A.B. asks: 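The following block contains the structure, expressed as structure tokens.
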Amino acid sequence: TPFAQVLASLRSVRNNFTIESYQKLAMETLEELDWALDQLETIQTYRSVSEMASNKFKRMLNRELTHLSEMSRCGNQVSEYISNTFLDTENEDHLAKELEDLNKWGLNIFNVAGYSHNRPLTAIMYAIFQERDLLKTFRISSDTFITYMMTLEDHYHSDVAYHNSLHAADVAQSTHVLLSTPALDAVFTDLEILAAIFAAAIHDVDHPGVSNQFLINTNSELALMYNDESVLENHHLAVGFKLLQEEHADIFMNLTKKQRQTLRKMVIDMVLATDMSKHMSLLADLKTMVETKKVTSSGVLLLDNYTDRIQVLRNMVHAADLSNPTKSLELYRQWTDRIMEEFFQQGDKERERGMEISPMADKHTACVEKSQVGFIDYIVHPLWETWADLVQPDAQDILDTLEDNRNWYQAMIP
Amino acid sequence: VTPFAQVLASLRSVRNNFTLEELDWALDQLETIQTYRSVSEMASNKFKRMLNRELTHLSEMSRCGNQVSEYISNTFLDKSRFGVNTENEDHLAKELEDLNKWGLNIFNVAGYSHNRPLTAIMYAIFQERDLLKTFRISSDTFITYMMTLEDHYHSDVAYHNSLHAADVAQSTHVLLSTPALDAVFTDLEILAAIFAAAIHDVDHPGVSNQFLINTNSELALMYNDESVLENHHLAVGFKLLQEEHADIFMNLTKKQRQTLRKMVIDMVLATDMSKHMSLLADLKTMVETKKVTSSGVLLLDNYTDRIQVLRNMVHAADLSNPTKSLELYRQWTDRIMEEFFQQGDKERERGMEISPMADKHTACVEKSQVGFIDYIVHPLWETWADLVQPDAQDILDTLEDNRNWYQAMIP
Ligand SMILES: COc1ccc([C@@H]2CNC(=O)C2)cc1OC1CCCC1
Ligand SMILES: COc1ccc([C@@H]2CNC(=O)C2)cc1OC1CCCC1
Ligand SMILES: [Mg+2]
Ligand SMILES: [Mg+2]
Ligand SMILES: [Zn+2]
Ligand SMILES: [Zn+2]
Ligand SMILES: [Zn+2]
């Protein structure tokens, strides 16, 4: 395996390096080399050592297969097989005023809901798509677009307090605004933008107002069918893409097969990243991205390969999903009530199920203010602090707004 | 600051001051052998443990500090006499003498069971391993589950039928008996492994995940193209327990069931042929660092090690055919091609480009098995045999002989 042999090579450097001002330089470097030696082995996990090993075996076989595919017609048939199988109105006036702020972080999605017959998702999506000229770009007839958009919005539960089309509309608009970050200009392709926005719009479709954990615990059909892994995220994606199958709703029908293939890859990639358990993994990638960030003249970021761009895009959607504490207090406060209401509904579901009440789920026991300060300090702030570093100086305001709201909720703890 | 970057931050100040060959070889080989997600896991682990320290502290604070830490922790941090109806009977019993033998003829087991080899072999395994007593599984419950399971294995499908399931189940049973693996696995780990094998291919439609993705199938659509069949097999396997009098796991504790479900999902997902290289990688690292207790028995400490072995065991059992006797192996080759051919017949009706081995005019049956052995089956079994040496030598020998036989058949 590679790491085993790489460790054996450097271990040999240490043993053969040993074999006044010079002394200071000599000794300072030896313990530094030793520090890096321990830190290599200790920060190593099972899947990290394995990844380098699997990837060498993959590379090695692909060399042998390229050779074999040149031999006979048969060699080619065997190579192709092996390669593919074992290798990877008054309302319309106010709505328009609220929509002036479509590219602004401070848009009030709640008023958008109010002036749009409680259809903020269709309202905001059509607005975004006209703003980004995506309907023209990707040959999407309005008729088809709204047909899809309406069905999508229909499969967002009305009865659910937080994970309703209003949350979807917020993430969609928030993602739209994050894409406009100056630091990321020519950076993404039109299909990448299309993927991102559609990803955001569907990221929570048919959400039943309960956690994956609840679904697993209650042995739900949904858990059972998705083998307890990313049960909801998989379900959202499945609905999102199946809705395209409805009568005159295929918004992607005018893209090439490759375009659709790629878009489907990215959309799956991004919505799966909205699993809150994938949080640390996303934050890890974003931190490494900041560390090795390369910036082209006048401030615009330099993201080469797809791998880099998708890391940014899935982090962008995740950051947009966790945007509420960074919004104005008037907005943020309403999201807090909405989240709690949903949390308490799950608690009621557990009470009659005779299940031990979920942490936060009982309105009788809930602490809220102290909770938001926990949520900010440990999850929201680290994420946004990282994002703001990557996109500096932009998003400095998003952070100050968050920091202020943290202090406000801190000041509310009885 | 992330770890690998922190390492190379010091490693680079060391080299830019040390001034050598073995350091400059590994200077390049550290960075180059580094992927995109191998780098990521080092860091995501650093942050997960960082936060878990902070929450442990916060829990100690108030009743509130505990509610907030429990919330955050759970949300942003991970984790008949024979069983079959028969008049043939006595013949079935003779074939079943070989239940613990690698050379059992599953095809005759099918013959003397009224084509019910899965129920026949499973009931046999469970009586042999005394699992029904161990896990309080009433016979009715067992045969009831077993029959419904066998029913959801397509008859119309040439290779991925209950006969293949029965083969993997019996092959896994035999691999668990490897002397090199004695006290190693718990009874629940054995139960997990055998059940995993029995259901690993349930409701298989006789087509590849690739086909399903390409044809934009409901199955692909609902499983977002990742491990489409493997996820589906598991979903069926576990949903069947919901049938009246079929819950074979009803008498296990909640934790026992929770753990078994974890391992079964873990193992069946590993039967994705695209996970092949990853499985082999883990098995090779396991071999390299293997610790063996007195008189030959392996020493596998934590769950992580045992599950790597168990998933590799089921995978090895799924790719066992070329390591079986030529009489058996030859029949599996025909069966696999028949299904492959039929897979192409579906592509044809769909106007799709016919898959590599999917056409009989173009198929290199013999040259193909030699490719399959040389590149996939032999490396896997060669690794397995190293881990459980000297056991599995017989398997390797049989494999080697059969490879030479198919080599000698190339026109
Ligand atoms: C505005 O609040 C919140 C907004 C959004 C979320 C996400 C939706 N559900 C989650 O688990 C993450 C949690 C919130 O607050 C949490 C702090 C404790 C209760 C929930
Ligand atoms: C007995 O041969 C085979 C038996 C079993 C399998 C597995 C089931 N499906 C797979 O893709 C792997 C493939 C075989 O042979 C392969 C090489 C020639 C064609 C397929
Ligand atoms: Mg989500
Ligand atoms: Mg399978
Ligand atoms: Zn969301
Ligand atoms: Zn009954
Ligand atoms: Zn199989």
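Chains: lettered A, B, ... by order of sequence lines. Chain A is numbered as in the PDB entry, which gives 167-185, 213-281, 332-657 for the residues shown. Note that chain B is numbered according to the PDB entry, with residues 166-184, 223-282, 326-657 shown in order. In listed order, ligands and their atoms are each counted from 1.
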A.B. asks: Give the name from UniProt for the chain that makes the most contacts with ligand 2.
C.D. replies: 3',5'-cyclic-AMP phosphodiesterase 4B
A.B. asks: Could you help me figure out which of etomidate, rolipram, gemcitabine, fenoprofen, voglibose is at ligand 2?
C.D. replies: rolipram
A.B. asks: Name the other chains in heavy-atom contact with rolipram (ligand 2) below 4.0 Å.
C.D. replies: A, B
A.B. asks: State the UniProt domain of chain B with the most residues near rolipram (ligand 2).
C.D. replies: PDEase
